[PDB]
Amino acid sequence: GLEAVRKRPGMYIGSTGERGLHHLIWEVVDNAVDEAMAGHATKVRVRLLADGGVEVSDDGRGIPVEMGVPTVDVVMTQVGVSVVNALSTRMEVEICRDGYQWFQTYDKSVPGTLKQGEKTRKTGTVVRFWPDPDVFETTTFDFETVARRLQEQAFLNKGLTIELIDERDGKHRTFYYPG
Amino acid sequence: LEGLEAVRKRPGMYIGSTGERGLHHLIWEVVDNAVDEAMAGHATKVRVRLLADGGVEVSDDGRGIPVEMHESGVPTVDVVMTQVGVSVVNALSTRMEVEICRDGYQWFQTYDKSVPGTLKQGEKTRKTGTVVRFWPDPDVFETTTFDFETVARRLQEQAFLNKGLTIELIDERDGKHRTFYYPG
Ligand SMILES: CO[C@@H]1[C@@H](OC(N)=O)[C@@H](O)[C@H](Oc2ccc3c(O)c(NC(=O)c4ccc(O)c(CC=C(C)C)c4)c(=O)oc3c2C)OC1(C)C
Ligand SMILES: CO[C@@H]1[C@@H](OC(N)=O)[C@@H](O)[C@H](Oc2ccc3c(O)c(NC(=O)c4ccc(O)c(CC=C(C)C)c4)c(=O)oc3c2C)OC1(C)C
Ligand SMILES: [Zn+2]
Ligand SMILES: [Zn+2]
Ligand SMILES: [Zn+2]
Ligand SMILES: [Zn+2]
Ligand SMILES: [Zn+2]
Ligand SMILES: [Zn+2]
């Protein structure tokens, strides 16, 4: 399971250095950007939080919430982003889908109870995660490393707007190439 | 078995979709795994070949995927190719080949519709590193054509993030080639 990732993180992210740390944001960004071609997303927002966390938001389809375990718990324990869950102290996931907001938490990768919130016509996903400082040699995301990836992803997804906000210093950049 | 069947049943959960961007997840993964060995395994060169038949070959001079017996009673390379990021590539490929230089020897393994062959010990060598070849399954992907410029953009990023690493790209479909290098 996720125990395997914690035991041998190098098998999943190459190392536990700064390049290993950046695998986490690369995965969560990738998953959001995937919704431009797969889910009619128009905007992805990436925030580098001053406490070391990361938030990635999109207006794609929303991770499926239908069930007897919710699909989001399967995603967050089985697929690419489960490595992020394994190596984070906590994650928060917000989904807009099927007419409602939905909220889930992971505490050392253990799911909370999926909560149905307010009605909404919006669709998309917000993923927030806090990399475990007991795993990583470095918990500082590099603005220019992240910017280079988001520029590539905007260029490969004509019409997608990607916003990067560094909450550590207020630095922000928007990436957009028209179709 | 089970875990790879899951990828074939719901590929969008692993690679987003089954179009051009989904196809490129496979090369991004295998390239990433090789480039990881620059920071982790003293690699100096990665070579990416877009094969004329649609396959991909990625070579590195890193440590070599471990070949010794895993706790699960198979060679560690078989665990890697069935359990971790590259197992998605295995699941969605008709076949894979893996050449490893490690522990004083050359080693060769195949995967046929993700099923491991018998790991074979080859000649002695002092070299270390890995070659991974894969052939994306046209029954999965709506296109099997890799985009040279898309691949070149990723390799330039990876060379910039790994000062001193040489990355060579060869398109065997038309002879186009690029070499990426940023000095330390
Ligand atoms: C981290 O989750 C990622 C997503 O990330 C974001 N940010 O959306 C995204 O990269 C991708 O999102 C998908 C990937 C596949 C489908 C997908 O296949 C859908 N189609 C359905 O009819 C559907 C509805 C419910 C359900 O449980 C499943 C899962 C089964 C599949 C994929 C056949 C599929 C669908 O509505 O949304 C999908 C979505 C939102 O894959 C995830 C879920 C692992
Ligand atoms: C697809 O394989 C990738 C590798 O890709 C390439 N091209 O080398 C690379 O990205 C990374 O390679 C690692 C990842 C971890 C270790 C690693 O932890 C080593 N340390 C050991 O002493 C060791 C020795 C035996 C052994 O079974 C393991 C753990 C198993 C692993 C890493 C698969 C570790 C080691 O020598 O090499 C390692 C190597 C080469 O992770 C893989 C295996 C998923
Ligand atoms: Zn990696
Ligand atoms: Zn560095
Ligand atoms: Zn549609
Ligand atoms: Zn993806
Ligand atoms: Zn070393
Ligand atoms: Zn060495």
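Chain A corresponds to the first sequence line; subsequent lines are lettered B, C, and so forth. Note that chain A is numbered according to the PDB entry, with residues 22-88, 92-102, 123-213, 245-254 shown in order. Using the PDB entry numbers, chain B covers 20-102, 123-213, 245-254, in order. Every number for a ligand or one of its atoms is a count from 1 in the order of the listing. Just so it is clear, the values below take in all heavy atoms, side chains as well, and ignore hydrogens, waters and symmetry mates.
The molecule at ligand 1 is the drug novobiocin. In this structure the chain with most contacts to novobiocin (ligand 1) is the one the PDB entry names DNA gyrase subunit B. Taking 4.0 Å as the heavy-atom limit, the other chains contacting novobiocin (ligand 1) are A, B. Neither the backbone nor the side chain of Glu48(A) comes within 4.0 Å of novobiocin (ligand 1), counting heavy atoms alone. Lab note: ligands/ions < 4.0 Å from novobiocin (ligand 1) = none found. The shell of residues lying under 4.0 angstrom from novobiocin (ligand 1), judged by heavy atoms, excludes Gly124(A).
Residue contacts with novobiocin (ligand 1) for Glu56(A) involve side-chain atoms from C-beta outward but no N, CA, C or O (heavy atoms, distance under 4.0 Å). Below 4.0 Å from some heavy atom of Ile84(A) lie the following atoms of novobiocin (ligand 1), by number and element: 1 (C), 2 (O). Annotation for novobiocin (ligand 1): atoms under 4.0 Å from non-hydrogen atoms of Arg141(A) are 24 (C), 35 (C), 36 (O), 37 (O). Contacts between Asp55(A) and novobiocin (ligand 1) below 4.0 angstrom, taking non-hydrogen atoms only, involve the side chain exclusively. Closest to atom 29 (C) of novobiocin (ligand 1) by heavy atom, among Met100(A), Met32(B), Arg82(A), is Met32(B). With a non-hydrogen cut-off of 4.0 Å, the residues around novobiocin (ligand 1) amount to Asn52(A), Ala53(A), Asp55(A), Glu56(A), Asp79(A), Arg82(A), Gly83(A), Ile84(A), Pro85(A), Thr95(A), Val99(A), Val123(A), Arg141(A), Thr169(A), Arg29(B), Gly31(B), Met32(B).
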